[PDB]
Amino acid sequence: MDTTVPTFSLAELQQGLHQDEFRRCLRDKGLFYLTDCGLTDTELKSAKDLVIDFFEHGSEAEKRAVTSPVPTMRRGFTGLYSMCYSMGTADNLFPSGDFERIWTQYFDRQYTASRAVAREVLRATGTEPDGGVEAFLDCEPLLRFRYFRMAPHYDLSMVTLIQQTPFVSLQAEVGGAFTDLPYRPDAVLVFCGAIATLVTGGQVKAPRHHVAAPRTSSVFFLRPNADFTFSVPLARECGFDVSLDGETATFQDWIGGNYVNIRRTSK
Amino acid sequence: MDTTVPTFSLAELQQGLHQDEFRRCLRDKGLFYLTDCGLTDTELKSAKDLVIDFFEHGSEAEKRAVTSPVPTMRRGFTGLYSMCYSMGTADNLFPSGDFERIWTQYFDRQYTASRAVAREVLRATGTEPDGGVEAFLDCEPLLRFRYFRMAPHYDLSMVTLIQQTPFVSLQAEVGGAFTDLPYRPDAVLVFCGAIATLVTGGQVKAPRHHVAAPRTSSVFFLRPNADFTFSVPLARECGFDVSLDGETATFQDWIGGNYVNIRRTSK
Amino acid sequence: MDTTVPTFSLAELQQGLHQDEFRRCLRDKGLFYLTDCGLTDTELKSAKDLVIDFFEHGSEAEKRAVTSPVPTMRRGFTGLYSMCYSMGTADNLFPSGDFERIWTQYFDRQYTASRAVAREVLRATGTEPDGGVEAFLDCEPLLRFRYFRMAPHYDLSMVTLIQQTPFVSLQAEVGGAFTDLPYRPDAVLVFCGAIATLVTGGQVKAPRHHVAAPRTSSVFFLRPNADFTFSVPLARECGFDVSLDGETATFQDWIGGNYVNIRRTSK
Ligand SMILES: CC1(C)S[C@@H]2[C@H](NC(=O)Cc3ccccc3)C(=O)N2[C@H]1C(=O)O
Ligand SMILES: CC1(C)S[C@@H]2[C@H](NC(=O)Cc3ccccc3)C(=O)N2[C@H]1C(=O)O
Ligand SMILES: CC1(C)S[C@@H]2[C@H](NC(=O)Cc3ccccc3)C(=O)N2[C@H]1C(=O)O
Ligand SMILES: [Fe+2]
Ligand SMILES: [Fe+2]
Ligand SMILES: [Fe+2]
């Protein structure tokens with residue numbers, strides 16, 4: 001195994017190409033850049049531009065009308081010496097007139113790409129989730145766009161898609177050492193998270209990553225439904241320090257009644 | 001909307017005065033000073049004085065006899081280069097002879113004021129909790145008195161009452177920026193917490209607050225019972241990033257088996 | 001009460017000696033060194049030596065083959081500018097050929113000593129766990145060996161056994177102040193954790209401890225099963241700030257679906 005973060009074309013994967021290379025990437029690294037998945041730089045511009053014009057020029061009242069009453073960063077605007085804009089499949093809060101269109105299309109592209117790669121991850125590992133593949137992937141995504149440092153953690157998602165604007169702050173553990181993860185023109189960076197490890201019975205690594213110290217980021221978490229069900233003994237076999245009585249459990253059983261998106265190894 | 005933290009008299013509120021002003025305060029700010037609620041400065045003195053005489057002059061054995069065996073800061077004394085004294089409605093640990101009297105009366109005054117303002121918050125928003133108003137308010141309060149810095153968080157209470165001794169360290173987000181919250185002679189500072197937002201279907205803001213860097217504080221958390229029940233879809237509509245299967249849930253379902261009093265927006 | 005961290009011989013305890021001294025130690029301090037429990041310095045050498053030879057000379061591929069796909073520090077190797085090696089009663093990941101033998105024997109010695117002292121703690125306090133003593137002690141231990149700072153916390157274990165290599169970084173609160181806890185040639189340091197307090201109805205202190213700033217440590221957590229059941233009102237009486245409806249609950253109910261090993265007093 002070398003220490004190169006690989007790149008895969010989603011379309012080539014969907015055509016059955018690079019099977020061994022993909023499978024070993026998932027087992028040994030758990031991250032990769034993904035091309036050919038409908039996330040062209042053009043589009044990040046349309047979405048980026050109008051959010052960035054809301055962030056700098058939205059009035060305090062305009063911001064307040066798209067702020068939730070609890071500051072959870074789940075939907076709408078959050079002031080944080082940074083600003084965030086969050087979305088999912090429903091219950092969104094949109095500025096204006098043309099923002100909704102642009103951002104619904106952007107979200108859709110990312111949700112589709114995310115489901116698609118996750119579908120390939122399942123296929124590559126021979127995994128049939130309890131309840132089937134499509135009910136598993138029809139889930140609880142969350143998109144956060146941040147505009148202007150992260151201690152090492154791993155994601156609790158199935159997969160996480162990250163688009164950025166281009167010093168390389170983002171690094172990940174590859175082969176036992178942190179490696180730069182720079183902006184890739186027509187690629188998105190995919191991190192496998194803990195739910196990939198869980199659902200596939202340990203066939204996918206969930207790598208640790210952080211942001212080092214010396215701008216904008218789009219992070220799409222593909223998160224399972226509360227009712228995603230898994231084998232308890234199987235979870236223990238792959239490193240999950242579960243406190244679950246009995247033989248099956250749900251995501252809700254494991255993580256509790258509020259989504260938790262990341263975890264540190266520390267305790 | 002201006003950036004002034006308002007003041008309301010509880011008695012005027014109870015008489016039906018300032019309805020619009022109160023309702024908009026709750027929706028747009030979620031904090032206010034409260035007068036005319038039975039929390040006169042005199043009384044904080046009686047209680048403050050004798051706890052402060054326990055903190056400086058209680059022996060190590062006297063302190064130990066009012067320390068719980070797990071250092072949870074729920075009841076009795078905690079050494080923390082600060083000291084804390086905690087109370088609720090039962091299972092208390094009291095020094096001496098006259099402390100119990102003074103502190104039971106002080107606690108009662110604060111629990112009554114807390115229930116009263118919460119009653120007004122419910123009324124102002126047209127909210128009938130599942131199970132009714134009075135069973136909701138007959139809850140699980142916790143009073144902590146601290147004697148001698150806080151990163152931004154919001155409270156998970158229904159309301160939080162804060163009395164202090166008088167540089168202004170306490171600040172809260174109002175209108176998108178942090179604002180000083182100084183000692184007010186015959187007033188208590190009320191923060192709405194996340195359970196206010198939850199129970200009222202999003203009609204009350206739970207503002208973020210912190211303690212900035214350059215003394216004593218009394219913080220009364222009005223916390224719901226474990227069995228407080230709410231609509232899951234409704235929770236999602238107001239920003240709660242819940243992982244709850246099905247249509248209703250309890251506080252225990254949401255937060256788990258141990259009270260959590262505060263939360264950071266971060267994850 | 002003096003501020004000396006006591007030492008007890010397990011064999012003397014098992015013979016009925018030092019009953020008062022032991023019981024008061026548990027109530028007032030909740031920590032002690034333990035001799036005569038089968039944890040001779042020789043043995044820590046055998047185990048220490050071969051893990052330390054894996055840590056410095058195991059290749060990246062050899063390390064990877066004993067690394068779990070989620071970096072939870074539950075089993076096998078973790079890189080962390082430190083390395084960890086973790087074990088329990090099953091699902092272990094072992095280097096080589098002779099490591100498994102050595103480390104299985106080492107783990108067994110520590111699990112036996114841990115159950116033995118816990119048995120004495122129960123006996124000294126007259127405690128019969130729900131379901132009986134031996135089903136309680138046939139539990140979910142976790143051993144972590146760390147090779148090269150800790151903010152104050154208390155353990156959520158029944159007991160924690162700590163062997164170290166010999167400035168004294170480890171300190172604990174005894175009598176209201178932090179006290180050095182140096183390496184003891186043929187002794188192990190025992191901290192009672194919160195489950196000792198819980199199961200005994202408050203008869204055992206769970207002391208706070210930390211690592212101060214100016215090497216290797218072996219920390220064995222004896223952790224209850226998910227189904228360990230306790231009285232809710234009784235828990236509240238001893239300081240546990242539980243949010244549990246009804247009269248009995250399990251460890252899983254209280255802490256959730258993932259083990260949590262430590263807690264800070266802070267919230
Ligand atoms: C958890 C994260 C949001 S942090 C990392 C990256 N974020 C940034 O690089 C922006 C940032 C700047 C300063 C501090 C934190 C994050 C980004 O996006 N990443 C997410 C992830 O790690 O899955
Ligand atoms: C969570 C808090 C206990 S912190 C804040 C204030 N506390 C203080 O101002 C005293 C303090 C000094 C230094 C560090 C933390 C708190 C106080 O009381 N506040 C509580 C709240 O925010 O609801
Ligand atoms: C939680 C701990 C793992 S930390 C403490 C001691 N660990 C060390 O002394 C090594 C260390 C060095 C630097 C930072 C943290 C821990 C050790 O072992 N202790 C454990 C405990 O406290 O029950
Ligand atoms: Fe992440
Ligand atoms: Fe607070
Ligand atoms: Fe510890």
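Each chain gets a letter, A, B and so on, in the order the sequences are listed, and its residues count up from 1. For ligands, and for the atoms within them, numbers begin at 1 and follow the listed sequence.
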> Any chance you know which drug is at ligand 3?
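You're looking at benzylpenicillin.
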> I'm curious which macromolecule has the most heavy-atom contacts with benzylpenicillin (ligand 3) - what does UniProt call it?
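Most heavy-atom pairs belong to Deacetoxycephalosporin C synthase.
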> I'm curious which other chains sit close to benzylpenicillin (ligand 3), say any heavy atom under 4.0 Å. Can you tell me?
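Under 4.0 Å by non-hydrogen atoms: C.
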> If you take every non-hydrogen atom within 4.0 Å of benzylpenicillin (ligand 3), which residues does that pick out?
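Residues with a heavy atom in range: C:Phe148, C:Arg149, C:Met150, C:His153, C:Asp155, C:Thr160, C:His209, C:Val211, C:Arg215, C:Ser217, C:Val219.
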> Any N or O of C:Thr160 that comes nearer than 3.5 Å to an N or O of benzylpenicillin (ligand 3)?
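N/O-N/O distance under 3.5 Å: no.
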> What I want to know is whether C:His153 and benzylpenicillin (ligand 3) share at least one N or O pair that is separated by under 3.5 angstrom.
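Checking benzylpenicillin (ligand 3) against C:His153, an N or O pair does fall under 3.5 Å apart.
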> Does an N or O from C:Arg146, backbone or side chain, lie closer than 3.5 Å to an N or O of benzylpenicillin (ligand 3)?
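No - when backbone and side-chain N and O of C:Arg146 are compared with those of benzylpenicillin (ligand 3), no distance drops under 3.5 Å.
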> Help me out - I need the UniProt domain of chain C that holds most residues contacting benzylpenicillin (ligand 3).
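Per UniProt, it's Fe2OG dioxygenase.
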> Can you see any other ligands or ions closer than 4.0 Å to benzylpenicillin (ligand 3) in this structure?
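I find these: ligand 6 (FE (II) ION).
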> Using a strict 4.0 Å cut-off to heavy atoms of C:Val219, name the atoms of benzylpenicillin (ligand 3) that fall inside it.
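Checking each atom against C:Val219, I get 17 (C), 18 (O).
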> Please list, in number order, the atoms of benzylpenicillin (ligand 3) under 4.0 Å from a heavy atom of C:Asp155.
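Near C:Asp155, meaning under 4.0 Å from one of its heavy atoms, benzylpenicillin (ligand 3) has 23 (O).
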> Please list, in number order, the atoms of benzylpenicillin (ligand 3) under 4.0 Å from a heavy atom of C:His209.
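Reading through benzylpenicillin (ligand 3) atom by atom, the close ones are 21 (C), 22 (O), 23 (O).
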> Consider every N or O of C:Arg215 and every N or O of benzylpenicillin (ligand 3), then say whether any pair is closer than 3.5 Å.
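N/O-N/O distance under 3.5 Å: yes.
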> Tell me the organism the entry assigns to chain C.
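The entry lists the organism as Streptomyces clavuligerus.
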> By number and element, which atoms of benzylpenicillin (ligand 3) are closer than 4.0 Å to a non-hydrogen atom of C:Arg149?
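By the 4.0 Å cutoff, the relevant atoms are 13 (C), 14 (C), 15 (C).
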